[PDB]
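Bound state: Farnesyltransferase beta subunit + L-778123.
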Amino acid sequence: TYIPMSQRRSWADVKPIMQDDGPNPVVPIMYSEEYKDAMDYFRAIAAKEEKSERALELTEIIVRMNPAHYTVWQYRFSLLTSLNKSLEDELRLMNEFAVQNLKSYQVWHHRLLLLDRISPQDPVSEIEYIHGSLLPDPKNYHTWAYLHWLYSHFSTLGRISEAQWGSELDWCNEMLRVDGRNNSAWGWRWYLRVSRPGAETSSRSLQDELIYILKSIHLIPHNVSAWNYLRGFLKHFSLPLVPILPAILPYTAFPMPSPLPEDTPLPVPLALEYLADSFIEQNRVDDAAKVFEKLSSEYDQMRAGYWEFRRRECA
Amino acid sequence: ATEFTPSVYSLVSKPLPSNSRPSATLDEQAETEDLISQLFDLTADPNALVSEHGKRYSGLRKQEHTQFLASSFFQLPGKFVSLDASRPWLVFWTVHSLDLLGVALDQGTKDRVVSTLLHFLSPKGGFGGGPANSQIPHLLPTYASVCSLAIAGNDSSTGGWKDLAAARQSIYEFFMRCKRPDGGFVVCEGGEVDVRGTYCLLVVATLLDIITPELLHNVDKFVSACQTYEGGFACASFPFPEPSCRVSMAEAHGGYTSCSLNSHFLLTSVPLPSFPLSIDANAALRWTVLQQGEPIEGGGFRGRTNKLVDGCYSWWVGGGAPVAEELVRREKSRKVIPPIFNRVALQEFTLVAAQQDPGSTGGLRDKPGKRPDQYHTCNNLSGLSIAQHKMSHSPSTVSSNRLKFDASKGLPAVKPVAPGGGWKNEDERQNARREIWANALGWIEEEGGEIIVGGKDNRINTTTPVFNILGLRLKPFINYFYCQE
Ligand SMILES: N#Cc1ccc(Cn2cncc2CN2CCN(c3cccc(Cl)c3)C(=O)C2)cc1
Ligand SMILES: CC(C)=CCC/C(C)=C/CC/C(C)=C/COP(=O)(O)OP(=O)(O)O
Ligand SMILES: OC[C@H]1O[C@@](CO)(O[C@H]2O[C@H](CO)[C@@H](O)[C@H](O)[C@H]2O)[C@@H](O)[C@@H]1O
Ligand SMILES: OC[C@H]1O[C@@](CO)(O[C@H]2O[C@H](CO)[C@@H](O)[C@H](O)[C@H]2O)[C@@H](O)[C@@H]1O
Ligand SMILES: OC[C@H]1O[C@@](CO)(O[C@H]2O[C@H](CO)[C@@H](O)[C@H](O)[C@H]2O)[C@@H](O)[C@@H]1O
Ligand SMILES: O=S(=O)(O)C[C@H](O)CNC1CCCCC1
Ligand SMILES: O=S(=O)(O)C[C@H](O)CNC1CCCCC1
Ligand SMILES: O=S(=O)(O)C[C@H](O)CNC1CCCCC1
Ligand SMILES: [Zn+2]
């Protein structure tokens, strides 16, 4: 049975404050006895701006019931800094939250704030945790965004070694080996290989990247992730499409296509987009328009309107 | 009108090819393809004259959806505590859906909506996810509350619009407290930084006439750098050490692409020099159209590459299409008509797959197998509206707006945080007021552009791109704050 906080001697000095909903509010929630009681006392605690251990304990009670309660999370971090609490211990609690399936924008942001403040000299153990946390949830958007932040923030502090970057690429390669259709991992590859300030982008480095991309395409010809990466790569480095065309041409009917893998019906819509864009590069607008028309009427009819727009843009 | 928008039923439905490489992504995809295609097979083609015998009827069950929204509008069970910090969204999702469904609230109920939301307003500025004595202000419920007040409020003493006008300075100050030097905003004190915050802030600032140069500095650069190699936009960009370079921090997503395109569009009507920093509109358009699913997955939109189709992205991705289209149009005109997405297929996804099965709770949903909710009800319907009605931003309408604008009418100018943070002079401020107001009211329903799949009984009202409220709500609301009534 639940013991009301008004009956607890630890809270006797606190006068709870009721929720100020006003008369007959819309969308009211029938709060549980526990949640209402906790919020009544939090309202009082926060109004008086008490920074104490009981206030800290109370914030944990509330966020367990509602992980998205941003006000309480804001108050919790203020409590951690005011009381000079062990932030490493708090990180361990956040790990437990993930295991207990308690998640939100707020939990991930709280984690960011903790790592920012702890500011470890080597963030390897946190990087390792994040990798492990992606196993049951390989596409969790918050986790991927956090990983980007972690490497970005700590690299500005000069705290990411070349060995650390190397193992990160190794890990990303394994993720893409496990699931080549994981677009989140492709996005992480782009950061590691293209967009990050320290990315190695020499002539031979671009050659190696092209090889990797094409081999990914030849392995999974219908993988939209791989095609978007190819097109993004050539566009970013202002590389002509024509010299790579022999590797893509078989999908419209450097590493070349495999007999093609089984269950690979032709043509691949994005291979046709490539072919059409290569015609535009050659100033062959009529040939380009012909491909867009085929995409519109036969090979990618869902986007009939869009491909017609691209066709008209040639004429 | 439908030449380039083939019906799902007129196309061949085949699974996404495996290329003989199985993966977790494909396992989920094939399973979802099965769920959606099987429901399409059980449902009568909405376009057919002879609605075949024994098959489920796909008509929009407006009354079921009205009952769904009504049954949770006045009381929510204890489990909804997960959305206690999102109660203004529960308000917005309901009142906007009812607007779209053409269901009027009586004045008494409207007054309750106003009262509920006004108690969420802090004197220091901004709305929170609950009462001011319970929750701190936050950019997202500020958007949700402001839009809800546009929908349910009025210009009388009990209508709430008066309260917003008085709160203009404090709301502006809250916005400035959220501002970071790189152009990002925290969603709340000590909160996360992403383009949802930027979008929600820019909508409210536009509507209430509280835009200044200091509020917008670097905001364009932050958003522009969210664009990924895929063409869509990520949650945020990281400023590398004024900054040497800005880098996108995750995948292009429908939600963040919606917020980014809309944010950028709002910024284009602010006449600051070399502002806003350009985005790649064609890449954004390409990404948008590529997220429309194949016939087997019902022509609904997915939120990101190699993920699943979901009814809510009809608004987030579909509703970004007319914005991207307009930006592409402007760019081609700067250097120097068929629909750009399958408007028919999207309506078919909504009618066939996104509605709750008949004779039950009602409401609209993510996909078959998922419980309907308020969030999906609102976003399915908002997306359906975009598909049904051809919305365009009209330069001639904007020109007509400019001609009727009265600069001598307006509320007191906000006092900037920094002495030089305001407009250079009154002429430049008034020119900005005119541009912001004229462009905000530039969206028109194209004559002859209407396509209502399944017949006119399926027609819902026309939402406005960028803002996502009805034009009939937007006009008197913005006119009130700019004193253009
Ligand atoms: N924000 C956000 C968000 C995050 C993830 C998603 C992904 N998504 C897609 N379909 C369902 C979802 C899960 N969403 C439901 C709505 N929602 C929410 C709550 C309060 C307000 C708003 Cl607008 C939205 C969430 O936070 C989580 C969608 C939206
Ligand atoms: C104005 C405002 C508040 C806009 C928000 C827009 C929006 C829909 C954002 C989604 C953000 C996000 C982390 C999605 C991933 O969720 P998921 O992995 O559950 O969904 P997924 O599989 O479709 O990507
Ligand atoms: O977290 C408490 C801590 O934050 C501050 C500002 O840094 O106040 C914020 O939190 C209070 C409790 O929720 C609110 O009343 C206030 O509006 C908000 O700014 C500090 O004053 C407080 O110690
Ligand atoms: O078999 C491929 C061939 O069929 C078409 C339609 O005639 O596309 C169908 O099959 C594709 C899978 O290979 C699906 O992606 C698509 O949704 C479906 O219509 C042609 O477009 C394609 O060339
Ligand atoms: O399509 C234009 C216009 O025609 C109407 C009837 O006036 O519906 C017809 O067209 C729809 C879309 O092509 C079909 O789904 C429907 O079966 C057919 O009657 C209007 O609803 C529509 O706006
Ligand atoms: O929301 S809708 O599906 O459009 C409308 C509801 O199904 C109501 N259907 C009634 C059943 C009994 C006879 C009168 C009609
Ligand atoms: O000064 S104002 O902002 O107008 C009014 C107070 O600050 C409100 N503080 C609340 C205390 C309880 C938790 C949520 C915040
Ligand atoms: O206005 S039109 O599009 O020509 C035709 C009507 O909208 C058809 N609506 C149906 C009426 C009978 C019950 C099921 C809906
Ligand atoms: Zn959804």
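Sequence lines map to chains A, B, C, ... one by one, in the order shown. Shown for chain A, in order and in the PDB entry numbering: 5-257, 272-276, 278-334. We're sticking with the PDB entry numbering for chain B, so the shown stretch reads 2-242, 255-349, 371-519, in order. When a ligand or atom number is given, it counts from 1 through the structure's own listing order. These numbers come from the heavy atoms of this one structure, side chains and all, not from hydrogens, waters or symmetry mates. So this one's X-ray crystallography, 2.0 Å, going by the header.
All instances of L-778123 are found at ligand 1. At a heavy-atom cut-off of 4.0 Å, other chains contacting L-778123 (ligand 1): A, B. Counting heavy atoms under 4.0 Å from L-778123 (ligand 1), residue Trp94(B) touches it through the side chain alone. When heavy-atom distances to L-778123 (ligand 1) are checked against a 4.0 Å cut-off, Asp323(B) comes that close only through its side chain, counted from C-beta outward. What sits closest to atom 4 (C) of L-778123 (ligand 1) on the protein, heavy atoms only, is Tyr109(A) OH, 3.7 Å. Contact annotation for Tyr326(B) and L-778123 (ligand 1): only side-chain heavy atoms (C-beta onward) come within less than 4.0 Å of the ligand. PDB entry name of chain A: Farnesyltransferase alpha subunit. Protein heavy atoms come within 4.0 Å of atom 20 (C) of L-778123 (ligand 1). For atom 29 (C) of L-778123 (ligand 1), the candidate residues are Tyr144(B), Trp90(B), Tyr409(B); the nearest heavy-atom contact is made by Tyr409(B). The binding-site residues for L-778123 (ligand 1) (non-hydrogen atoms, 4.0 Å) are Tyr109(A), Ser87(B), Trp90(B), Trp94(B), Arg197(B), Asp323(B), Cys325(B), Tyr326(B), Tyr409(B), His410(B).
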N/O to N/O under 3.5 Å, L-778123 (ligand 1) against protein:
{"from": "L-778123 (ligand 1)", "atom 1": "1 (N)", "to": "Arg197(B)", "atom 2": "NH1", "distance (Å)": "3.3"}
{"from": "L-778123 (ligand 1)", "atom 1": "10 (N)", "to": "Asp323(B)", "atom 2": "OD2", "distance (Å)": "3.2"}
{"from": "L-778123 (ligand 1)", "atom 1": "10 (N)", "to": "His410(B)", "atom 2": "NE2", "distance (Å)": "3.3"}

